[PDB]
Amino acid sequence: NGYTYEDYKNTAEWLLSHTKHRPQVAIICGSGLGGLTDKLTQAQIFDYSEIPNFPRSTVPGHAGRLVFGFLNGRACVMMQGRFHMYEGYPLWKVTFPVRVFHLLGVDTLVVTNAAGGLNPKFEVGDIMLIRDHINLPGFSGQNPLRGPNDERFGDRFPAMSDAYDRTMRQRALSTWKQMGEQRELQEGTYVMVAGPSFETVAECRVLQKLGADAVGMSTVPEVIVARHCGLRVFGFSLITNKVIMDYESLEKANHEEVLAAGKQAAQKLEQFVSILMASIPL
Amino acid sequence: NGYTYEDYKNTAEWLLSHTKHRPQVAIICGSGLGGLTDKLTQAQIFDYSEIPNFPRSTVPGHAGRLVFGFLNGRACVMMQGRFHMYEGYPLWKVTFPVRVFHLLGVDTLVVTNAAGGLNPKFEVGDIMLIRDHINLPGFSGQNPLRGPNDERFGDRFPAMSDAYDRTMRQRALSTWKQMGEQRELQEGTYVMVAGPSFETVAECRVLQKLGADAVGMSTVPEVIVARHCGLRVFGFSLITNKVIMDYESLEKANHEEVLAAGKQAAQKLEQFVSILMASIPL
Amino acid sequence: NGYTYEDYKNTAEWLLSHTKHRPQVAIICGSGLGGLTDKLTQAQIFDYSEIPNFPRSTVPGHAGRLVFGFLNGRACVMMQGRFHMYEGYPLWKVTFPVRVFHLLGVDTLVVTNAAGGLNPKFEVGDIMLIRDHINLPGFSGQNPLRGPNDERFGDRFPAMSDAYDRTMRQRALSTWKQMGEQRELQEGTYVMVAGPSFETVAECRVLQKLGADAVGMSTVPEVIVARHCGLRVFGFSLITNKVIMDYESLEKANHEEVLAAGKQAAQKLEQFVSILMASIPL
Ligand SMILES: O=c1[nH]cnc2c([C@@H]3N[C@H](CO)[C@@H](O)[C@H]3O)c[nH]c12
Ligand SMILES: O=c1[nH]cnc2c([C@@H]3N[C@H](CO)[C@@H](O)[C@H]3O)c[nH]c12
Ligand SMILES: O=c1[nH]cnc2c([C@@H]3N[C@H](CO)[C@@H](O)[C@H]3O)c[nH]c12
């Protein structure tokens, strides 16, 4: 880990003295869900590039910003554009923001991402609540906590079985009723794989048999660092595609389609998140 | 990744100006299958050590060469001796040749390797066509594409479900009939593990339950880089041994036996490959 | 690997000329099992920090020592405090001692660790003999042998299916009868995960379905290096907790509880080990 405790502190303090805003809820917008930034009011934007110690983006979409503001009654901070392991970032960089949020005073982290559906029942457009995750990179060593533990943040061996807030998932199921939507609010296990290439059929079968419902290339690292911090954690996946499970099918998962789905069910996710803010304690 | 786009270009151009040969098909010979180099005509040999930017071998068998020539009607380029992750090479070195081949004008990659049989039906000497693969190292982060994507080679999120050419696998099943062999041409899923040590019984059971048919310590990285490039891909495994699946058995998988099998079914593989060249488009 | 063959030699020779002791059996004490050091006689202690080339501890418990002596008729060497991958150590450091032991003249390695129980039959306090292991980090590349192989230690592709000594496991089952204990001596498969955070429910389910009986964050690397060396290997896990397998349960795995169990069944393990020494050849 290239960051000392001081680096996290210096970054937090810089931010605190450059905005009057004091966030409680941190929101990490996944792929094609950065729209949420438009719904904040009293919005103050910061480019990642101007924030000391922040991972400087390579050349994905060149858009990397921290937006502070209010979202339906909650003092928020949103990450529009997140860091991925597949881009070459070591996990201690990918999750660097999460620890900054904590020192800013945040106590809740909402994570969203786009993911392939592994559960045969899921459909494009569906929203899946995350009850649990399978951290494959973590089993092998790619765990954001690897390295000396800093007592100031958390314990050496933090538990994850209770990572996804029970209370918030229920209130999420509740709130969805108010939406009175056509489809139900899905719920299941999220499995992380490093990517950046998509799964083969054999690989999809594996992920299925392991009990995963959706597959993505992010999130788990941030969740683990959050929990290690004491942050409350809630999140969901936008099923942008149904991974191929048979060899007969003549279709391929492509970024084009993912973004497309990200465009359709776009504001559908944003609403849910904005409303759910009221369901978050203080 | 220590290689810039320029490095790949400089290597390709050096090769292009040092041989009149212009390959279409690149062939990566696995363990004990380097014999194929003898069947090329108008053969021109290059030691890896003389090629700019090529990974310089440590001390496996000290034989590392690029052989250009013609194989049964096709302008080829063969790798006699390939790079492995278990030797300490980062995947961007292991797969460095594949991207060079692409800039040389190659459009097809044939990969062969030796592997343990996981499917109880397979037998030593058997040849298994590869219909799909399970990339375990990739799930955790060891994917040759990790790092910034260069648009010039391919897309950020390339698909792999259609990695192994459907057309060529059928023509391979076809051609094998002409061989009129005793045993049938096997076909299945290849699972990659990093090695260099062999699987325990419990591990073999795992690989079996994941749906793999053969286990090896290579290939998948080259395949992914090829596909990312647009290369057509065909390949197979020589089942040099039946991995131990029970604790009662009193035998151990050893390099001696693998090489031995590599010696027996030696020319049997070479023929198939040489003939199959005619089955490859242009 | 940052160590040349010379480094291992220099460390062994330094040790040999700083103690008259000449160990035959090396014992690696897991978490809360370092008590075994008290049972050695003619004991000579060495802090890891004073041993050339030894990984210098960060700040776990600040206790890192090599204790030479005699344990019930056997010339031993014990590691009180072992190195873990989750602390940031590359596997070639974690396993550096094992190769030193070999050059000191050791021919047997006994490994103990604390682990969560995955098999529903196991109970806290139980002792599980290790018949086999599933090396998940190894499948992805985190194998202590990665890098050039040194013929002087072992072969390039060492087998592991026979890693856990058949003879010693039987004599262990035998000896346990003499204990005439309430509970039986358990036996099963150990799965290694990198940690340092604990498994989620979904992850526990995975490990279960893979056929593991106990999960830990160590051991496998040392075992592989031992075997590669020719060392006889015997070991066991102290089931300090039953991993959560359902979402209803309202309990969390914590270091507190692990240490607690380490304190209870403490001397129960020590005895077994001390007695078992007599069961070890010469
Ligand atoms: O089927 C899938 N497999 C793996 N990742 C994704 C994704 C997510 N979307 C992104 C690529 O569009 C990538 O960052 C990944 O996290 C969507 N569908 C899938
Ligand atoms: O049972 C097996 N498990 C894993 N790899 C191999 C191999 C391949 N052969 C090589 C070792 O002889 C090694 O490079 C690996 O890629 C043969 N049999 C097996
Ligand atoms: O349930 C478990 N999962 C993973 N590791 C452990 C351990 C072992 N104990 C240590 C943490 O107390 C850690 O080093 C790990 O190796 C006990 N219980 C479990």
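Within every chain, numbering begins at 1; the chains are lettered A, B, ... in the order of the sequence lines, protein sequences first and strands thereafter. For ligands, and for the atoms within them, numbers begin at 1 and follow the listed sequence.
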- Message: Hey, which drug is sitting at ligand 2?
- Response: forodesine
- What is forodesine (ligand 2) bound to here, taking the chain with most contacts and naming it as the PDB entry does? Purine nucleoside phosphorylase
- Task: Return the chain letters whose heavy atoms come under 4.0 Å from forodesine (ligand 2), other chains only.
- Result: B, C
- Message: Considering non-hydrogen atoms of the protein only, which is the closest contact for atom 3 (N) of forodesine (ligand 2), and what is the distance?
- Response: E199(B) OE1, 3.0 Å
- Message: Applying a heavy-atom cut-off of 4.0 Å, say which part of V215(B) lies close to forodesine (ligand 2): side chain, backbone, both or neither.
- Response: both
- Task: Name every other ligand or ion with an atom closer than 4.0 Å to forodesine (ligand 2).
- Result: none
- Item | Overlap of forodesine (ligand 2) heavy-atom contacts (under 4.0 Å) with UniProt purine D-ribonucleoside binders in chain B | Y86(B), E199(B), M217(B), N241(B), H255(B)
- Going by heavy atoms, is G195(B) under 4.0 Å from forodesine (ligand 2)? no
- Should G216(B) be listed as contacting forodesine (ligand 2), given a heavy-atom distance under 4.0 Å as the test? yes
- Query: Which organism is chain B attributed to in the entry?
  - Reply: Homo sapiens
- Task: Classify the contact between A115(B) and forodesine (ligand 2) as side chain, backbone, both or neither, using a heavy-atom distance cut-off of under 4.0 Å.
- Result: backbone
- So, is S31(B) polar-close to forodesine (ligand 2), with some N/O to N/O distance under 3.5 Å? no
- Query: Just going by heavy-atom distances, which of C204(B), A114(B), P60(B) is nearest to atom 8 (C) of forodesine (ligand 2)?
  - Reply: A114(B)
- Query: Should the proximity of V193(B) to forodesine (ligand 2), defined as any heavy atom under 4.0 Å, be assigned to the side chain, the backbone, both, or neither?
  - Reply: neither
- Query: Hey, does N241(B) sit under 4.0 Å from forodesine (ligand 2) if you only count heavy atoms?
  - Reply: yes
- Message: Could you check which UniProt phosphate-binding residues of chain B come within less than 4.0 Å of forodesine (ligand 2), heavy atoms only?
- Response: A114(B)
- Message: Does forodesine (ligand 2) come near enough to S218(B) that some N or O of the ligand is less than 3.5 Å from an N or O of the residue?
- Response: no
- Which residues are in the binding site of forodesine (ligand 2), using 4.0 Å as the heavy-atom cut-off? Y86(B), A114(B), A115(B), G116(B), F198(B), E199(B), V215(B), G216(B), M217(B), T240(B), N241(B), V243(B), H255(B), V258(B), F157(C)
